[PDB]
Enquirer: 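Just downloaded a structure that has carfilzomib (bound form) in it.
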Amino acid sequence: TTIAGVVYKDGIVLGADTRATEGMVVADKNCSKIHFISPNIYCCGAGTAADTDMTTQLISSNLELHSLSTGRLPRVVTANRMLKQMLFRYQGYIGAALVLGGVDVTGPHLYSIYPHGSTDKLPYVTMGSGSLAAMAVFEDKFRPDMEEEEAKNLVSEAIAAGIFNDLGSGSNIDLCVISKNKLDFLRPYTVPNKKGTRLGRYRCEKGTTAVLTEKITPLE
Amino acid sequence: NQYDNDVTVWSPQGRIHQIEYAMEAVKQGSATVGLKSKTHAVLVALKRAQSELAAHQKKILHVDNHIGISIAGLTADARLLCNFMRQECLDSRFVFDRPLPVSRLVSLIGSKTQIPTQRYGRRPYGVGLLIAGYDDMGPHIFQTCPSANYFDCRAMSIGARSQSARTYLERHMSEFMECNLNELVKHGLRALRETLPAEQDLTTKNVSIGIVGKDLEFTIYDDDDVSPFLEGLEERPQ
Amino acid sequence: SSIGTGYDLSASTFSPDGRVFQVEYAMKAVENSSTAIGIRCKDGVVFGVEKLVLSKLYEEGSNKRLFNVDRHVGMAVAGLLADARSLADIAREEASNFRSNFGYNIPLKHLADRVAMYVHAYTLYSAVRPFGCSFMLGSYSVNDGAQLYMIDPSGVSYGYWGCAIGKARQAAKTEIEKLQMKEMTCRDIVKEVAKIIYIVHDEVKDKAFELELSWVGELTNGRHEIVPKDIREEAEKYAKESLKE
Amino acid sequence: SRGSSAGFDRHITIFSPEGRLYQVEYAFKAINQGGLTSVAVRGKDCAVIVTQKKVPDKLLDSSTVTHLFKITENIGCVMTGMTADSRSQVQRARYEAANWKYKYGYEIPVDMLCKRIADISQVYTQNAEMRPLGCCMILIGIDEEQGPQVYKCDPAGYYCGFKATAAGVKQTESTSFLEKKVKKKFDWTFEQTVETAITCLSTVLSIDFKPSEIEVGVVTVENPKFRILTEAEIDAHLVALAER
Amino acid sequence: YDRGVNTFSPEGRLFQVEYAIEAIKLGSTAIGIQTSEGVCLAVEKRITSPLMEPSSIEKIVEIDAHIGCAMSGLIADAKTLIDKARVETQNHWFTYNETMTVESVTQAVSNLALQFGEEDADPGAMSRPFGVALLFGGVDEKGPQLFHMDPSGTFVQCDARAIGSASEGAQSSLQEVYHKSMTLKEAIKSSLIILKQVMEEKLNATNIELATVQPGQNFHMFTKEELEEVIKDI
Amino acid sequence: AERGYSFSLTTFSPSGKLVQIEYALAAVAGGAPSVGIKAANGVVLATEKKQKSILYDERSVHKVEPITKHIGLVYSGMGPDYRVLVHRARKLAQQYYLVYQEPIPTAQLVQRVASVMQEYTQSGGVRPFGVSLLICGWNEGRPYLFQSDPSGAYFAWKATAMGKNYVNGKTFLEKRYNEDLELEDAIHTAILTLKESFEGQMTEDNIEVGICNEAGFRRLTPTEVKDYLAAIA
Amino acid sequence: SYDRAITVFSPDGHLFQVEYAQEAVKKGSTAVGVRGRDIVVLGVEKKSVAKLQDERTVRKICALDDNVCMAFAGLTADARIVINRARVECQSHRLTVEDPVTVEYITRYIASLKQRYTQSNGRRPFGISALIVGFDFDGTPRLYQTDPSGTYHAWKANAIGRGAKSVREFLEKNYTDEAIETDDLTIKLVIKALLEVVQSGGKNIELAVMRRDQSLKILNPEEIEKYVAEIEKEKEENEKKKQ
Amino acid sequence: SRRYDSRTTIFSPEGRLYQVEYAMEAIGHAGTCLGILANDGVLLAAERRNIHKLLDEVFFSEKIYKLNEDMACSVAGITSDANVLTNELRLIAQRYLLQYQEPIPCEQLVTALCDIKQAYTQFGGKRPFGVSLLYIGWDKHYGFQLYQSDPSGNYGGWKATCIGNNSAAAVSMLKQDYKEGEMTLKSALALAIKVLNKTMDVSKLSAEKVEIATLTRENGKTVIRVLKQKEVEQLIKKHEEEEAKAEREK
Ligand SMILES: CC(C)C[C@H](NC(=O)[C@H](CCc1ccccc1)NC(=O)CN1CCOCC1)C(=O)N[C@@H](Cc1ccccc1)C(=O)N[C@@H](CC(C)C)[C@@H](O)[C@H](C)CO
């Protein structure tokens, strides 16, 4: 994977690739790694897929309960606390590296959360097998208080670096822009990789497959 | 009548009837006496018999080499408390390699016996105890009640018609501190015999003696071993 | 002030006028006990207890109603003695735990608070009955000061300059009010304590009694100790002499 | 119906034939046993608590007699009713607040604290083994966006936010006073709030307090920390009242 | 008016225990006699029907090869105690490689006395006392010994003792004929005589059971023939 | 120290009546009235939110509560019990979602909450809830209205009322209302059937309304209530 | 859990709950059983014939193992519990000990269970009595009877339930060595004893027999009608030509 | 604590359990519910108490629960307790299925629930479940089957029986028109219509007021179907056309 996050003037941009691997083989060419926590908080997941899924889902649920009882919009510190405390309670056995981004009543907040339960609040963060490349892009071309499109360009650039330089990352670039009054969950923000077009027709015509046994069963 | 059946129910007069009813259990047993000199602690117990064909009930129990007790009340509760004291003493020897100070053991008895007097469905211990012990604070006679209250005594008597024995001891307190062992046991036996009509008196068949001291571990004299104490006593009055 | 039609058989049951009669009954058990007073001077706290003697057969110092809860904290009890002792155990354990957790001697206000909460925990269920005793905690420190607190069976805890509990609670309080303990010292105070004890004592209804006394202050390095036989006999002499006027 | 009873519905927390919980009401009556009254008033830029300080003894260290409790640096409270139960509920409140901040990373809202305490009380209302607490809790504190907050919770499990409330003996009289004073619509400044509270209690008890007869908790927007007024700065308001 | 099972009477006794003592009085009467030649235990079977196999009525059982027990009252309650005794003896043998003294066994069983209660207790704990009375007759290092135990848990040694419905009368009749030097035959004879006196049915070889434990011979349950040969010299 | 009473506080009378449940219903039929109307394209819940003074802050505690993004709640009876049931219901919904990754069907939430309420009529040392619940929802295109009473029983309603004068309100709805209505119309007849027991000037702060269409559940703003309470709009 | 003493002693020394359970047994359908030389027979009376009820699903006779069968009287549900626990025990015995089970053993188990329920907290005595029947190895046929109290005995023949005293007296006056000298004669004795209390029929009587090393055999209403015909014939060929 | 205990699992002096009997009294006030066994199937028919103009009707049924692909049940008494017991029944069925990989025999399921109910009558100090149940099903051991279970934990297998309000008269009426071995599903439906007609307090009987379900064996699989209002109306109308016919002969 190759997830990143940045903080600009009006909010937060989250990025992620869409490659999921098992072994050294691509299992999913299009995997959504940017997860819904609350309507104002999203979280990118890298590492053990099922772990990132169930963890992000659980915390999303608990936050829904929380805001349901409080009647207010959830804070990012809350999701951060829940995540880090759960992850720490399991001492790293839950393979979940996370980039938590959201806009509060206190403003934009971006955390990185490692599977052992430690967190870092930074203007920009990267996680995943392609995190070094993305972090290089950030360290090279980041400036405080960027404009929205500028930050989107930066993050997509980082994720791209992860995609082309890391064998663990591949395929599309997903973005998520979160401002004080907007939520752009841009799915296929960029499709920089395309499968080559077939040069032949290997279509098998009806009858080429020999059959030993047949049984039709009507339904409704 | 509505404050009678539970140990967690205060009466409007600031009393707990179950505790007092438990206190009445001590008076149901045969009387017993305890007194100390300055070197020895002595328990003298009047054993009771159902019929003439039944042996006399044990009233003196061994706790530790330096501690013995005399019971008055429910023998089951007595055995329970006894085993508790034995266990605490063994623990003290196991941990510190020194005998458990008697006062501390008594304190533990208080703490343990206090608990069931404050919990619903529980009941007080229906037994009174006289504890004779010796440590580096001298001899000790203690008294423990079903109310979980305990007393450090110079002399004491508990049980059926023990009032006579009490009245006797209260006169000879001043003598007690300087008596030799034989005189101490004598006084104990007189106090004990005071709790009897003139038609009956002490016998080797119905008297037990427990002795502990600076020169002697806790020992129990029951039958023919009691005679050297009985033989050497006045004829008593009528 | 007297209802009892099933509404007074449990601490889990309110009276129709909003009272918990079990607690009040326990308080009445406190009232039937011999009076124990304690007074705070500018340099510590002194305790005095009217320890009634039920028999001459009992050794001196038996049934102590003055306890060492901590090396800097003393406890004076009034009422059902067994409960008082158990509460002394609870207080001791609380102080020990506090030391083992935070590394210094427990502040008196906090100890009183904790133990009081523990007591209150018994005024709420039918499974247990309220403690049948009231008690006073006394302490002194240089960084803290002289402190005296009191707790009743309900779980109420308060800080006093002078306090009394038992039969002649009010009769003792009226005598304590006469003193100016905000300026006096624990050395002078002992005499006055013994005096008030002898005054409040009823030589007619109640038989013979033994007087217990306790120091805790600057004169004892912050340690709660028993009053030496000299000072005790001195105070008793002062009291017996002051009883002839 | 209309006062009917059956079984142990007057001894434990079960339903009466008319669907009432007698033990709860009895607990409300147990609140009044203290013989005191507390008043809470919410301002435009603050929140104020005032309560009787009946110290009938010179033998009491009057500093130890308080019904005002600091739950958090920014959350204060006043308890009315049975003292021990009150202190218990205060401990529980402090725990729930500290735990809240530990788990969620931000200070607990007065709203949520009061809601929690009330939710705990409901259990006492529904379980027969224990009896509700003979006390009422009033919390005050500044909220990040909703500003000054004054909440209150009952032994019944009821909790609510208020522009003003009272608790204890002269509760109804104090409320009837406060709503009459609210309808007039004044400029709810700090002094207006404090004076309204103190005068509510005063004209409800007909006492005209000395500065050592009451205690006043307070929390401002400019100073969100729960502050307890000294005898002097209470006497200031007291002498400020006897002029107009 | 209902109360707890561990409630005290104003007299200072436990109601349930006293009621258990009252329960014993409805049981089959049994007699145990101690003799320097051995201990004997006899008990009526109280057969309520000719169809009932009398050999399935055992009120005398073997605790161990050197200890036997006679019971009176609610037998179903006694079964548990008997098994506990057997288990205790076997545990003691396993641990110490020796037999238990009769007093130790009796005490061990007596430890289950007031082991009943409601609150603050185990789920399988006893709810009520055992409505049964026991006579432990056996031979140890202190020779022949006979012990008696009641629901109170109070156990005591007896030279001769009768328990059951006809307790008092049989005890008087026992006092009239006991001297601390009887032969075992005399003890058996006396036992069967008093038994015949107190029983409502005609005493025969299938009406009762008798067993002896002697220094030289293990626990022996008297067969029909032997019973007849003792009943013979009525 | 504490444990708990292990015996039922709710038992059968010789006639065969679970008396405590009936008394609970007596508590229910005594609280503020609440109406619920299913309307083809949505559901409406409405209740009398009449405080008891000008000092009360009506914008702090609500009677119309959301369970999830598509399910809503109102009640008749005791406030605290309701609050408890709301928390529990929300939790149940979140459990269902965590397991199935699909918003819980209204009927299912109703059944589960009903089981929870049923427990307190048999479990030890507890009384039943003094609360009847009206639960609205939007699942699988169709709208849903349910009621659950203290016994743990539940019924599906086209329209109904609970609380004070629930009989008069039931006949009112039975007459002056029917199917094919739009959400607006339903809200109108809901405030109208609430007005049939409003002994006072029914303002926008005296009543609370929540709606549940196929776009989710939400509580109507006091402004929208003002527009509706103008006997029009 | 429910830590409450249910069965306690009364001031006169009675266990009221147990006695009540025995009264519940008294209301049960009459169940009798006799022991023979090579057969053993158990029969149960008033089966509450509704004729709309399946007879199989309400049988009061149940097999515990291939060796032991059992009838009961009292609360049917409690009886189901006891029966199942008994079967489980019968298997567990085979598990821990290679040998099967003796009638006395399983009887002792059931009795101990009942007693345990007479002395345990929060529980309540089983309202049943049981007639246990079997042919343990060595060939000796055995019949036992249990009681809610926990007491158990062995019998040559016995009866429990409604009017058990009547059938007990009848069996007392009719149990001879001549009677039950043959299998059919023992079965006829059971049928007669049952007819001496049942509401005069045969369609009200359920009878089953265990014999030697064979399995348990339940008698069809046809065979029962045949034996009842022979019984009604012997009551008119030896009681009509003499009276 | 000991004072507030109502002693729910205790013998009465006569040797009976009062809470069970009172629960029976509760069931006697519940909607009439009967079941009849035939040669080609088995059916349940129950009175509906949830009969109001404003009810929404969002379920397949009201008092008929599907337990297993070969089994269904009907209920009478407290409906919530009924919910508990039915859910538990489904659980048991699925456990047996998970274990033996074949459908649970009907009697085994019934006994399984009844052991729980009995357990509630013997210990725990809880009130019993105020519910009687009728079970219909098919299995490879005993084919078509009808059962009845009471809160006592007691159960029985019936060829035809009734439970609920006016159950006695319904039982005798079933005794009258019974037909051991000659019962078809159609005649059983006629019988159901008849009995439910005379027993239901509100006469005339609309299809609105009753609820009928049938379990049958069709081509290897087991079919459970709840009749639509129209079919019920057909049965009712036919019953009236058979009642006004026999009354001609006078
Ligand atoms: C194929 C998809 C649906 C999921 C894939 N699952 C898998 O690879 C799972 C792993 C299950 C597991 C068990 C115990 C402990 C840990 C993991 N494996 C299997 O399902 C089957 N195998 C069993 C034996 O043979 C090998 C695998 C996966 O997790 N891929 C991870 C990489 C990984 C890390 C650690 C352990 C196992 C796998 C991934 O894509 N991670 C991305 C982040 C996303 C998915 C949030 C990235 O990190 C990018 C793609 C780099 O991998």
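Throughout, protein chains are lettered first and strands after them, A, B, ... in sequence-line order, and every chain is numbered starting at 1. Counting starts at 1 for both ligands and their atoms, following the listed order. Computation of the quantities below employed the complete heavy-atom set of this structure, encompassing side-chain atoms and omitting hydrogens, waters and symmetry-equivalent molecules. Displayed portion only: the contact tally does not extend beyond what is shown.
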Enquirer: Name, as UniProt does, the macromolecule that carfilzomib (bound form) contacts most in this entry.
Expert: Proteasome subunit beta type-7
Enquirer: Which other chains show a non-hydrogen atom at a distance under 4.0 Å from carfilzomib (bound form)?
Expert: A
Enquirer: Write down the organism the PDB entry assigns to chain A.
Expert: Homo sapiens
Enquirer: Give the UniProt active-site residue in chain A with the shortest heavy-atom distance to carfilzomib (bound form), rounded to 1 Å.
Expert: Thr1(A), 2 Å
Enquirer: Which neighbouring residues and nucleotides define the binding site of carfilzomib (bound form) at 4.0 Å (non-hydrogen atoms)?
Expert: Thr1(A), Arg19(A), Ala20(A), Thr21(A), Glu22(A), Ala27(A), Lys33(A), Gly45(A), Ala46(A), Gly47(A), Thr48(A), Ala49(A), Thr52(A), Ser129(A), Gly168(A)
